[PDB]
Trainee: 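Take a look at this one; I'll ask things after.
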Number of protein chains: 2
Amino acid sequence: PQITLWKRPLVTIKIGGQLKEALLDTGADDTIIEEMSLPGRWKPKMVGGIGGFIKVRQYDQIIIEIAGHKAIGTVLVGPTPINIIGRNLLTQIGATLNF
Amino acid sequence: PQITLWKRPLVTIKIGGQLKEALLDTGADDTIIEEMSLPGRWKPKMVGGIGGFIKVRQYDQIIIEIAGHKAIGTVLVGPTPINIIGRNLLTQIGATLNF
Ligand SMILES: CC(C)CN(C[C@@H](O)[C@H](Cc1ccccc1)NC(=O)O[C@H]1CO[C@H]2OCC[C@H]21)S(=O)(=O)c1ccc(N)cc1
């Protein structure tokens, strides 16, 4: 699909068996999802953006369906105000910025 | 152009006659630039990011060249870790997300 930017580019994702709404974010290096339970060992990481840093749990090799497209990669879990799909997964689904 | 996301989508912008580097960010509603002197009066605005809120100065009708495309709109100036080109300006250059 070709997404216009008049509004937030929100899509439905499936992760860990749950359905969630997330933002397709070209400005995000990594994907960050609100607090939830995921299987596996994880390692702590600090992620910084506007306003500062938050502590997150880094889970590797997580499968996520984005708008119906299966993808695999690292997912950071923590206190984010919105679910964000970053470049690490956008590349996997072949997303591009066009103008 | 068609920009892939294996690397941060950074482009050159020309504002106030100066050349700077900026990130094409579909996850940002608004355009935010690092501290610099812009013309006219400003209005206050609070911007919420991943790590909290910062206070910024809002300047309207600012002329900005993005990767060679002229745009005229609102620009926020504040303590951002990187210059961000948000949806308000992305729409003016006709950017879309495609996959
Ligand atoms: C600041 C950028 C370099 C990176 N940010 C992604 C960015 O797209 C966020 C993503 C974002 C989106 C909504 C809420 C929090 C974070 N948007 C944002 O900061 O925008 C602010 C200015 O415009 C306003 O409208 C959106 C919030 C304001 S980030 O959220 O801090 C971030 C940092 C590291 C990773 N791995 C993933 C994301």
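Each chain gets a letter, A, B and so on, in the order its sequence line appears, and its residues count up from 1. Atoms within each ligand, like the ligands themselves, are counted from 1 in listed order. Only this structure's heavy atoms are used, side chains among them; waters, hydrogens and symmetry mates stay out.
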Trainee: What drug shows up at ligand 1?
Mentor: darunavir
Trainee: Please provide the name that the PDB entry uses for the chief contact partner of darunavir.
Mentor: Protease
Trainee: Report the chain letters of other chains having a non-hydrogen atom under 4.0 Å from darunavir.
Mentor: A, B
Trainee: With heavy-atom distances below 4.0 Å as the criterion, list the atoms of darunavir near A:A28.
Mentor: 37 (C), 38 (C)
Trainee: In terms of atom number and element, which parts of darunavir are under 4.0 angstrom from non-hydrogen atoms of B:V47?
Mentor: 21 (C), 22 (C), 28 (C)
Trainee: Who's the nearest protein heavy-atom neighbour of atom 4 (C) of darunavir, and how far?
Mentor: A:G27 O, 3.4 Å
Trainee: A:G48 heavy atoms, cut-off 4.0 Å: which darunavir atoms fall inside?
Mentor: 33 (C)
Trainee: Tell me, which protein residue and heavy-atom name are nearest atom 24 (C) of darunavir, and how many Å apart are they?
Mentor: B:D29 N, 3.8 Å
Trainee: What do you reckon, does A:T31 have a nitrogen or oxygen under 3.5 Å from a nitrogen or oxygen of darunavir?
Mentor: no
Trainee: Just jot down the darunavir atoms closer than 4.0 angstrom to any heavy atom of B:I82, in number order.
Mentor: 3 (C)
Trainee: In terms of residue, atom name and distance, what is the protein heavy atom nearest to atom 1 (C) of darunavir?
Mentor: B:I84 CD1, 3.6 Å
Trainee: In terms of atom number and element, which parts of darunavir are under 4.0 angstrom from non-hydrogen atoms of B:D30?
Mentor: 23 (O)
Trainee: Could you tell me which atoms of darunavir, counted from 1 in the order shown, lie closer than 4.0 angstrom to a heavy atom of B:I32?
Mentor: 22 (C)
Trainee: Where is the nearest protein heavy atom to atom 10 (C) of darunavir: which residue, which atom, and how far?
Mentor: A:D25 OD2, 3.3 Å
Trainee: Can you name the atoms of darunavir, numbered from 1 with element, that are less than 4.0 Å from a heavy atom of B:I50?
Mentor: 15 (C), 16 (C), 30 (O), 31 (O)
Trainee: Would you mind checking which non-hydrogen protein atom is closest to atom 31 (O) of darunavir, with the distance to 0.1 Å?
Mentor: A:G49 CA, 3.0 Å
